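In this PDB entry you will find ritonavir.
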There are 2 protein chains.
Amino acid sequence: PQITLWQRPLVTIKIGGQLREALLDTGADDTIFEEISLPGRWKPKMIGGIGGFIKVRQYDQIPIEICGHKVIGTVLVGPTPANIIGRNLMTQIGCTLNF
Amino acid sequence: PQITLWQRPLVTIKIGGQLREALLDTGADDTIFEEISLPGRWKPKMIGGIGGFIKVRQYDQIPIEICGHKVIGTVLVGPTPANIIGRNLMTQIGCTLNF
Ligand SMILES: CC(C)c1nc(CN(C)C(=O)N[C@H](C(=O)N[C@@H](Cc2ccccc2)C[C@H](O)[C@H](Cc2ccccc2)NC(=O)OCc2cncs2)C(C)C)cs1
């Protein structure tokens, strides 16, 4: 579907049996969620943002449904104020920018 | 044109007679530049993001050229690690997300 930018580009996604809304963020290399429960092993990691850096957990090969699209990738879990779908996953649903 | 997301979506801009590269950021409501010199008055403002918040100057009605597209809008200047073009200007050039 095509989405204009008069409003924040929110998408509904399913991950680990949980439902959430996330922002399609072309300005984000990675995908991060605020508190969700994911299983298994992860690794420590720090993300750099506009206001500074945050410490997150890094999970790989995590199944994720973005607008009905099934894909798998690396998902970070950390203290973000907004759930974000990054380029690492937007690339997987074929999402592009147009103008 | 069309822009896939395998690489950060950078565009070349001209603003205040100065050249810069910026990220087409669908996850940003506003446009922010680190160190550029803009004329005129401005109003202090704070912006939030991953990592915390930062104090920035808010200039309105600033002529800016984005990939050859001449438009005008609010531009923030402040301690940001990367130049960002927000939704406030992306809508001006008719930029959309597609998948
Ligand atoms: C619900 C409430 C919390 C919300 N507020 C907002 C409005 N806000 C603050 C913003 O749009 N804020 C923008 C912003 O930082 N956006 C950010 C996402 C975000 C949104 C909301 C809250 C926190 C983070 C997203 C931006 O693309 C920044 C740009 C950037 C790139 C390189 C270096 C520094 C910065 N990119 C990143 O932070 O990349 C790192 C990563 C971000 N997410 C996963 S990895 C500013 C640039 C204007 C949206 S949702």
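Chain letters correspond, in order, to the sequence lines: A, then B, then on. All chain A residue numbers match the PDB entry; in order, they span 1-99. The numbers used for chain B are those of the PDB entry, and the residues that appear cover 1-99, in sequence. Computed from heavy atoms alone, side chains included, the values below leave out hydrogens, waters and symmetry copies. All ligand and atom numbering here is 1-based and tracks the order in the structure.
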Quick check: main partner chain of ritonavir by heavy-atom contacts, named as in the PDB entry?
Gag-Pol polyprotein
Using a heavy-atom cut-off of 4.0 Å, list the other chains contacting ritonavir.
A, B
Any chance you could list the binding-site residues for ritonavir? Cut-off is 4.0 Å, heavy atoms.
A/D25, A/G27, A/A28, A/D30, A/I32, A/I47, A/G48, A/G49, A/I50, A/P81, A/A82, A/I84, B/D25, B/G27, B/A28, B/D29, B/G48, B/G49, B/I50, B/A82, B/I84
Looking at this entry, which organism is chain B from?
Human immunodeficiency virus 1
Protein contact of atom 44 (C) of ritonavir - nearest heavy atom, named by residue and atom, plus distance
A/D30 O, 3.2 Å
Short list, please: which atoms of ritonavir are under 4.0 Å from a heavy atom of B/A82?
32 (C), 33 (C)
Give the numbers and elements of all ritonavir atoms closer than 4.0 Å to a heavy atom of A/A28.
42 (C), 43 (N), 44 (C)
Any N or O on A/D29 sitting closer than 3.5 Å to an N or O of ritonavir?
no
Atoms of ritonavir, numbered as shown, that sit under 4.0 Å from any heavy atom of A/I32:
43 (N), 44 (C)
Could you tell me whether atom 5 (N) of ritonavir has a protein heavy atom closer than 4.0 Å?
no
Under 4.0 Å from a heavy atom of B/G49: give me the atoms of ritonavir that qualify, with their elements.
15 (O), 23 (C), 24 (C)
Would you mind checking whether the entry has ritonavir attached by a covalent bond, and to what residue and atom?
none
